[PDB]
Number of protein chains: 2
Amino acid sequence: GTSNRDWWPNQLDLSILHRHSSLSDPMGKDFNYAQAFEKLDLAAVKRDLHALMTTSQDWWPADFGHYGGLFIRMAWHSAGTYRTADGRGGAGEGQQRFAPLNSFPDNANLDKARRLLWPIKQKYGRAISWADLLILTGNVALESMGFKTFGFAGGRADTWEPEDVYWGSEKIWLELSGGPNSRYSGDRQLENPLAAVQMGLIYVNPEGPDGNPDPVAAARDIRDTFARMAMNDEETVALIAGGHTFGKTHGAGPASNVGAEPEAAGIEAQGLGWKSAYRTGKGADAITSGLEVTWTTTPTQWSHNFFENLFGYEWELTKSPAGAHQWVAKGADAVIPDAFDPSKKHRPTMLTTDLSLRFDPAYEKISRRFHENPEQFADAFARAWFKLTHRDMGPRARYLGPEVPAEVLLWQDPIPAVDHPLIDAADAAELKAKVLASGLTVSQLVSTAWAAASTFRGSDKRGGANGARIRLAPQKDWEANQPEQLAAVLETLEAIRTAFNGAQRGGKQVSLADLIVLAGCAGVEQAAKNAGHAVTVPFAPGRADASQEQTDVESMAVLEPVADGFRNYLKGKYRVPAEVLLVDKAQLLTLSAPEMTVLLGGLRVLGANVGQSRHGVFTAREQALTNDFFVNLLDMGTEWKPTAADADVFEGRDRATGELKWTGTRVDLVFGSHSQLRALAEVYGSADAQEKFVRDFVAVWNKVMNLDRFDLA
Amino acid sequence: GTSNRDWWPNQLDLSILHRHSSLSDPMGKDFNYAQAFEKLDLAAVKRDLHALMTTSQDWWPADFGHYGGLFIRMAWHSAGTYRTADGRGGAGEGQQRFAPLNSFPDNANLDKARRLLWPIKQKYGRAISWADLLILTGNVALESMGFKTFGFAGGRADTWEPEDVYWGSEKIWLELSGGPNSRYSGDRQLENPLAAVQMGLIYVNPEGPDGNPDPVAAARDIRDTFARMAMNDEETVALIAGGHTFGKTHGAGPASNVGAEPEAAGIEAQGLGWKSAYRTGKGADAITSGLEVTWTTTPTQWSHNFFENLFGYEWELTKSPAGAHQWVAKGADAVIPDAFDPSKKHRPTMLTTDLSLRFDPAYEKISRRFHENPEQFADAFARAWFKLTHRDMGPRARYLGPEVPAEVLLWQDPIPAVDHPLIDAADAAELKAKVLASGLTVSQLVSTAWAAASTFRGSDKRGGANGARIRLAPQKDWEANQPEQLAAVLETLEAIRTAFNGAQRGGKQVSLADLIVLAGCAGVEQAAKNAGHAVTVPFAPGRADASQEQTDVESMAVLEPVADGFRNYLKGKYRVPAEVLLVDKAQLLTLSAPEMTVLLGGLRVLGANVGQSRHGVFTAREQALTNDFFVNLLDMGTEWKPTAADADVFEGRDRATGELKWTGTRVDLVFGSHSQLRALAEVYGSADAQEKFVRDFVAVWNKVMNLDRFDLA
Ligand code: HEM
Ligand code: HEM
Ligand SMILES: NNC(=O)c1ccncc1
Ligand SMILES: [Cl-]
Ligand SMILES: [Cl-]
Ligand code: NA
Ligand code: NA
């Protein structure tokens, strides 16, 4: 079946924008998961999960009679695909149950873990999502084994198809670095947005970098990958030592005994994979990673035995029954229990990556403190396990149920509570009028509000205009935000805000976060009026202003737009074509192709470009909201050519006269090139489309203004 | 960017069911194209098109000063991708403007034709679709050149993305037969569902079969491809000779001068392709097919000159300036005008495929009759041009505007007008009660109504329950329809109908078509009641009964379900896996993944399987409407294995006891295998889903019952 992808491999793919349609969703269009979950009897679900932990099924017998370690690993894998660079991956959509993650090598036998959970999923139905269930199950495993967790929030709605995530360019599972699609260059520099060392791994290779069992060098990979999953040294030590307090790895026999991953298995496997020909294929004979390590003397109970062993023995390199490198404490007594045979005992063992916690000098200091003070270890682990499993859930207003922690954490980009009456429709009209009377232009109002709102990304639900973080470090100095123009706009808006608030009774006041958005709305209103149309742009108050001290500057760095086609902005020269970056940004803002098209065409004529560029400003009435972008783009009287100076910039010349009419970028002209985008541009470029363009613009503008407004959900 | 496709090429792709979502569509969810078109001033559009004909643009100068031949070819390419095997392709969705058809080699320079039409599209906007516009423009070209058409209907709504059509497996454009992905086997047998000889062609190669200039062998390709586009010999001769009464071919220079097709061109080409380095690259220097043939002495006027030339000369094989095989008239004078130079004249020329009309013995008789009786030629061509350009539009009720021909044609599968009062809700209750009192079972009622309704396909809008064609040849004899059981159900329904009709006043009567569907509804009602649910199934009256003489038996053959997963039916052993055929069927029935899932699971427990097979009947209460299919399918206490006798049949055994619990086919078990389908099955197999399953079932059942009900649009 020869496809468009086969014929035109470098044509833009828009299907990423049309995933998650109502058509693939089996739940009614009005189904609200938050309301279902809020009525779940969470305590009853947790009791059933508690019981499950020790109810072994013969098709996948529980190690030591307890599935707790398997489920912790399952819930760490669920969360562990997260990358800070784009916010993609993580636990928040239950993507572990779909391709390709369900079949990543690192997720081997998590298909069994998920299947164990079906009777509980089935019992509670739509009141608990798979996504929430995987995480809750990990918490319950922890709790059943004597570990007090930090809390749990529901609200991760299920999804119904694979996300399209860029996992890397390798064509071979687990390919070692330095291949033709190497994800490394330079001095072991991992390409953004990746956060793992090989295709099909969660973070690092447990044997060591490309299989070399050097704990020192492995620690560098750990540090780099975990940092790209938003974890610092302290959290990383706490997470790895915490998790490896439980359970065991599986490598009872040679790896070549293991069959097809789930997406390649026969239909009879019924969604399961990695069927093994080694002895019984399961339990005592299980093969999962090929390693055979059990870390502690009580693999079903919380302890501080991981660090007691790590520091209390000297380690020697050895091989599992599958031939993988691992470490044994040879001077030791056989104090580790066997998973199935009460009359066998084993010496303590470790992975190369476990020894990293001791032989990296910075990790060693933390691991020693944790060893000496296991109560500090427990607290750091609980906090980190909460952060790991909740990092992609977005603002605190999405957290549901009775176990949400009250403590506000800095990583959550917190927004203060509103404790005063909000502005009403009449107040909003007064403020818009005052904004327009101050002299701020359509261009400044639209640019500023776009800058504040468009940091939002739906991947991890970070960013957006709530908080007024555009006035704080680092957003106020981002190049895309035009720091000097921004500072002048904000200074004027702040004076309007102070005057309005100082004149109120009854405690009523407006936040700067709200006023920035409302000022953008005035700007769009004025632009429509400049074109002869009276429109009201909807506006929802209730944003609040976060302080600098409530804003982690370093974690905010990943939200900087280095490409924003909606402002014709590219921070430097990238290997990825600019139109590809445009579609990527549109996906992160949750826009369909039509929404992207209308939004860009309007922004262009409103003066939202960075630096006042003329590129794509195909209008003689800038700051009027018209469909000029599309009418002039599609005009066959204009002929386009790449410039000599820059092949990514184009001149549009009158085809008869040679006269220079416009210039544009690849982001501009793709709307007149790509056959699906041009079809869209034609709608908005048609003679009956002026009203539709204005209405659809205003609707998409409003959608972007409200992206982070889960307080109104 | 390594994808799921790359990793698992034999994992079922469901995205074909979720195309044409509201997300990719720029028009509102309420936009109704029929209503927009009904207000278009069609006369004014036609005036503008007449003016266009001779308004030459410098970027693609009009041959002979008239774009008429270019536009006829454009409109015959639009319609010419149609295949009767699945109803896919054709003009009815305006797919020529998207990939891959916009870049098929056979559509070279039709990108210019469509660009000439942009000013008119733009002027009238949403009130005329591109899809309608391409065909209208062809009609107007014909009329401008002195040929009176048979009529025109609007109502082809635009689409907004590529359809996923199987065009063949070749990975090289135009690949000749016998390659690794050959579309031919045996004695030049073209694989279904294909209706062209090479990848990127409309029907046949104009040089001859695989480029061999044998007009006799070409005629065999012509006959076979045109038959697979629903045209007989008479229509085929009329169409080819009719079209080649106008215009010319383009091959002024070597084909190596021609650059990238539109989907491969640079962004600056703004959606156009095949830019040529030969001289001016256009007009007198145009290169399109590589052939250089002008058929008649008046290429811009209707004439009888095609047949005069074809019979009046003897032909000699020669080469165009591009090197293609073509034919020139022996000894003739230079009587053909040049397209640009009034002082140049040319000898009559022909394609190998034109000579087929003379040297194939059956075509020769028709061509001679057309030569001797030009009025029969003109009438046959008008009729065939109307059929070509409307064959995929569906029932007459979809035909809009003031030029619809009143004459009813056999190919339209016509349905008689209803000329009597319809049954009301009280009559429907009475009839359902009589149906249930007759002794017909849930299984018989559901199977019969499924059989009648599910012949519909949305690709060309043929089939469905309107007409009661299930009682006529050939449907009554189709194996999937269980001819003997069917005859007994119809016999009982026919008696109920006659008794009801005989007791009425005022001329009220019920059609057998309606009663079949109503009886299916009663069956579903009874099944819900067997499971303790009180369900009323919607029913819309108004179908009529078509006669045998209104039902072309041969044209009806392509609607025979040779695979119907909804009845666990496969007529023979196919190279395409059965689950792939299931998704294909779902696509033709216009169902989403959720709808397909719910529908199949219900039909299984209602007894809709062909031959009473137990396969997939995972219930101990057959003929009760429950979600048993899903609950049993997902039960991990059962293990599945392919049978020894047949690898496509599976046994599900109790994992503890080894006892046989069920059997199932690939179609059954794919729901427990594929990770997206299993996610859907889990919703319906959950403890809170019994009522949701019943309601969703009824909704999809009713959707299938109404698929052809364009009289209710
Ligand atoms: C450097 C990071 C890490 C690496 C390289 C790593 C590696 C592995 C490997 C190879 C296995 C064995 C899989 C098998 O053969 O069954 C495993 C098991 C496990 N890991 Fe990790 N791990 C990492 C971090 C984590 C974290 C952060 C957690 C949780 C907080 C976690 C919890 C576990 C648990 C509970 C198991 C036991 C599975 C069972 O009992 O079946 N690990 N780990
Ligand atoms: C056996 C079937 C056919 C073959 C192999 C065929 C082949 C071709 C080829 C190769 C061209 C030249 C393209 C170019 O170089 O610009 C052409 C032109 C054309 N054909 Fe056909 N054709 C077929 C049937 C039809 C039919 C059914 C129609 C209309 C009813 C049609 C109408 C036209 C017209 C009007 C042109 C002239 C285009 C112009 O003036 O630019 N043809 N044909
Ligand atoms: N490829 N096109 C089709 O199969 C189709 C189009 C519209 N409705 C149903 C099927
Ligand atoms: Cl994702
Ligand atoms: Cl199609
Ligand atoms: Na994410
Ligand atoms: Na079709």
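The first sequence line is chain A, the next is chain B, and the lettering continues from there. What you see of chain A is 36-748, where the numbers are those given in the PDB entry. All chain B residue numbers match the PDB entry; in order, they span 36-748. Whatever order the structure lists ligands and atoms in, that order sets their numbers, starting from 1. Computation of the quantities below employed the complete heavy-atom set of this structure, encompassing side-chain atoms and omitting hydrogens, waters and symmetry-equivalent molecules.
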Colleague: In this deposited structure, which macromolecule lies in greatest contact with ligand 3, as labelled in UniProt?
Modeller: Catalase-peroxidase
Colleague: Out of interest, what does the PDB call the drug at ligand 3?
Modeller: isoniazid
Colleague: Which chain letters come up when looking for other chains with a heavy atom under 4.0 Å from isoniazid?
Modeller: B
Colleague: Heavy atoms under 4.0 Å from isoniazid: which residues of other chains qualify?
Modeller: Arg123(B), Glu128(B), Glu198(B), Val200(B), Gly493(B), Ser494(B), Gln622(B), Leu623(B), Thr625(B)
Colleague: Specify the source organism of chain B, per the PDB record.
Modeller: Burkholderia pseudomallei (strain 1710b)
Colleague: Mind checking whether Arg123(B) has an N or O less than 3.5 Å away from an N or O of isoniazid?
Modeller: yes
Colleague: Identify the protein heavy atom lying closest to atom 7 (C) of isoniazid, giving its residue, its atom name and the separation to 0.1 Å.
Modeller: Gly493(B) O, 3.5 Å
Colleague: Against heavy atoms of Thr625(B), which atoms of isoniazid measure under 4.0 Å?
Modeller: 8 (N), 9 (C)
Colleague: Under 4.0 Å from a heavy atom of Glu198(B): give me the atoms of isoniazid that qualify, with their elements.
Modeller: 1 (N), 2 (N), 6 (C)
Colleague: Please provide the UniProt active-site residue in chain B nearest to isoniazid and the shortest heavy-atom distance, rounded to 1 Å.
Modeller: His112(B), 14 Å
Colleague: Starting from atom 3 (C) of isoniazid, find the nearest protein heavy-atom neighbour and note its residue, name and distance.
Modeller: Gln622(B) NE2, 3.2 Å
Colleague: Could you list the atoms of isoniazid found under 4.0 angstrom from a heavy atom of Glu128(B)?
Modeller: 6 (C), 7 (C)
Colleague: I'd love to know the other ligands and ions under 4.0 Å from isoniazid, if any.
Modeller: ligand 5 (chloride ion)
